[PDB]
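Summary heading: complex between magacizumab and LRG1 epitope.
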Amino acid sequence: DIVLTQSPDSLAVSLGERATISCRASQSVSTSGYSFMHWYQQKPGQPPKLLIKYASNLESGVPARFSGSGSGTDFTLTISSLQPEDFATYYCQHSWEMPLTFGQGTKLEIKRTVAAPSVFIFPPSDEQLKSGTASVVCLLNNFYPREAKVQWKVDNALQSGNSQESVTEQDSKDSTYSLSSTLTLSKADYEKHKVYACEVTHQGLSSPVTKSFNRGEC
Amino acid sequence: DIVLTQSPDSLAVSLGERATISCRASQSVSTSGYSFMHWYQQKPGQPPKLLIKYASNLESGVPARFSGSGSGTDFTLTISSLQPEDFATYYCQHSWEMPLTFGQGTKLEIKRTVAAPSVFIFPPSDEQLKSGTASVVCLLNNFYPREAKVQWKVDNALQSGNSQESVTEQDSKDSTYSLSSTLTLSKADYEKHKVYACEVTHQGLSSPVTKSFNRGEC
Amino acid sequence: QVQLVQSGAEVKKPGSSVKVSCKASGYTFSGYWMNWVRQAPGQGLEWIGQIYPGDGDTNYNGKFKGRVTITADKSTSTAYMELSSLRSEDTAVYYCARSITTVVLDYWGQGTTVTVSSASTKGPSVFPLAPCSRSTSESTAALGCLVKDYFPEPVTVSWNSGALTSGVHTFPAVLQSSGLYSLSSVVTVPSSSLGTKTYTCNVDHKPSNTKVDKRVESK
Amino acid sequence: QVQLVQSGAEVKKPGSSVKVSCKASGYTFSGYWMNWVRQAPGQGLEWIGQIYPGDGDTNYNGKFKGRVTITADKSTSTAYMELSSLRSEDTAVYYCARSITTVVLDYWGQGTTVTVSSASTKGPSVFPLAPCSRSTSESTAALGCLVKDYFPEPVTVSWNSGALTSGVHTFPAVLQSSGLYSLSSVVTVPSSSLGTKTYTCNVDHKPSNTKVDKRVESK
Amino acid sequence: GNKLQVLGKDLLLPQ
Amino acid sequence: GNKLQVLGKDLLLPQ
């Protein structure tokens, strides 16, 4: 079985600039001057769409800023003058032999200027506490880039293993992200502590921002 | 200086049975009808407590199941009907001359039926691996008696010099022990091998028990 | 006008069998290889096998042989993939895709979500996300709903019956160690009109026929 | 009631000196010999020497002469033991104890731990101990936390903020060749409770003001 | 229609 | 108020 490895896994590039994505095959897929490697583009909620056939032949309707190159084991997809509609995940596919295999995909995202998150904390509702669980939510709104560190503190003890993060896709209008971090505790654990805090570190913040509440005042 | 040698070093006696602890002095410590030998009891976290003065005289408040005897070079502490509170280390002390010296101690523990360990192996966490070290932990839970052999194998190579063991004191409820063995490797060494195993030998097992995992499958 | 239309989302317990359909239109179904390609997070794209509907010839990925059966009905122009002995690693989006003589996949179906889990259908609990107290030093406030412990996907969340869409973030669900999903939906609103304007999240979990409207406010 | 109260734990670097105190009450301090005794692992109990506070007379064990000075302050009924030029092998528990005409030690202080080390204060790193996979076959599972690379002793570990005590084993710390300590704390629980109940270790290292709570589970 | 599937390895030698 | 310490070696004969 042929293994296709793409690089990088993800890439942020500014509008109007040039993106380069690579695919390396575990064996040569070229013979007789033809390379049996193809490129697909996929946007969320949609199937992949064939973009380039035989390493360098653009499909009909693909704009000229797209190109492909390479031979043997190493292939490259290049997009100059990036347009908003170009940001997507790209996959390589060989047609050397059975079975057909695909690269793991490269996600191309929009690089924009740094934007600091707006941070909010939410206590658990009395309704949820009735059922025996406490969810504490920390919201980071409209930030760039994606990298952010959210640290929960409960009476100054640093938490681990009891929170989960979820992140939106890049906003269609401002290209920012938003993120939720949810700390989940038993009601028993929750009632044993007073100060609930989430501390947010991000490139756009000169120093970390902490939002907190005291249990029993909400 | 006088050397006091106690026998045995560790003694396991069933509840309600008799315990006998001996102390041999390197010279006689008896003269004119006096025996200059005394006995102390020590529990963890506490100072020693004087129990018997001049070989056979119980201190006030000491239960009558304690008795001492002997003369010359050989002295005996006997507990006629072991109670749970008698679990302690016992020391003899002479008052023949300066410097005062003590026996090395006899640790008296509760004998119970044989219990095989439950064995568990834990891989290193991804968080620790980030830092350049891998700790692998083997747990032997709730076994009796204390003797147990734990050997580490890495790709079937016996490990030496890279593990440490720690053992609990006898459990107050079920009189068992538990033991941890921790194997510490550099991340570089850890990533060059696949099968991590701890092999446990104990009299309660029909044959040695091995617990293992393969790196990168947790 | 090549169109590939797949059957709907499916939920299965481990050990069961799933059968996805793909209805083709606008080409000679009998003359083109039909492939099965599945997509799960972190697992790229996986080509399951293929069938040539004309004569029923098949080629399978050895990773799946003896566990997947690909079939084709010429009268109904429909291809099928049975994945037997399903396991929690077979949760994925399953696509059908027409390919041509140069072995590229030029037309794709819309995909079929297949969830495999030992969990049972359960509608969400909906809890308010509101600040401990109303701030009067900030010109905006965030409000939200926590949509917790439901199975299977999906749920939909709107605000004010669709009249509030600006500034809404509805996060992707996360799978909890319980086997149930959870997500939050948040919105930013003006402080100056709080306590005169209402903000209500509208949650619909069609698999359990559960709908909840939750009015959110600080107590 | 006779009471001997000693000064608290000491952490010292090699080459330094330490002066341990022993405050006597409940009797006439000047009328009884006050002794000092060392207890280190593997060396049992060792008598260091004694002082008669009435006149300051002393007797020392020759093994300790030239490195220990025993003194007494009649005005505050306090005895002292000063260890000079400390070495790692002076790490031990030190007791004061009153003795009587019959040369038994009838009342003892609570002990003073003296740790001699070149290490510096450092809080632990805490790592989960979780099985590679959650086994089916066994009805009992073990979880734990590895509390690694801290100095000095002690750390405290609890589970579920103190609510879970049954089946917990917190092992004695081991001193690594780095001079830092490490220990693990484990708990055994019903396998059926995994995923439906949370297990969190609570680690406190007061010398470094390090506090962490870690919920432990496999992937 | 057409059943042909051009696979690169089929264009090597020896067959 | 008694400094005496009775040690066995001191009871030996001859003294």
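Here is the naming used below: chain letters follow the sequence lines, and residue numbers restart at 1 for every chain. Heavy atoms only: backbone and side chains are in, while hydrogens, waters and symmetry mates are out.
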*Which ligands or chains belong to magacizumab?*
chains A, B, C and D
*Which other chains lie near magacizumab (chains A and C), in the sense of having some heavy atom under 4.5 Å away?*
D, E
*asked:* Trying to sort this out - which chain of magacizumab (chains A and C) has the most heavy-atom pairs within 4.5 Å of chain E?
replied: chain C
*What is the name of chain D as given in the entry?*
Magacizumab heavy chain
_I keep forgetting - what does the PDB call chain A?_
Magacizumab light chain
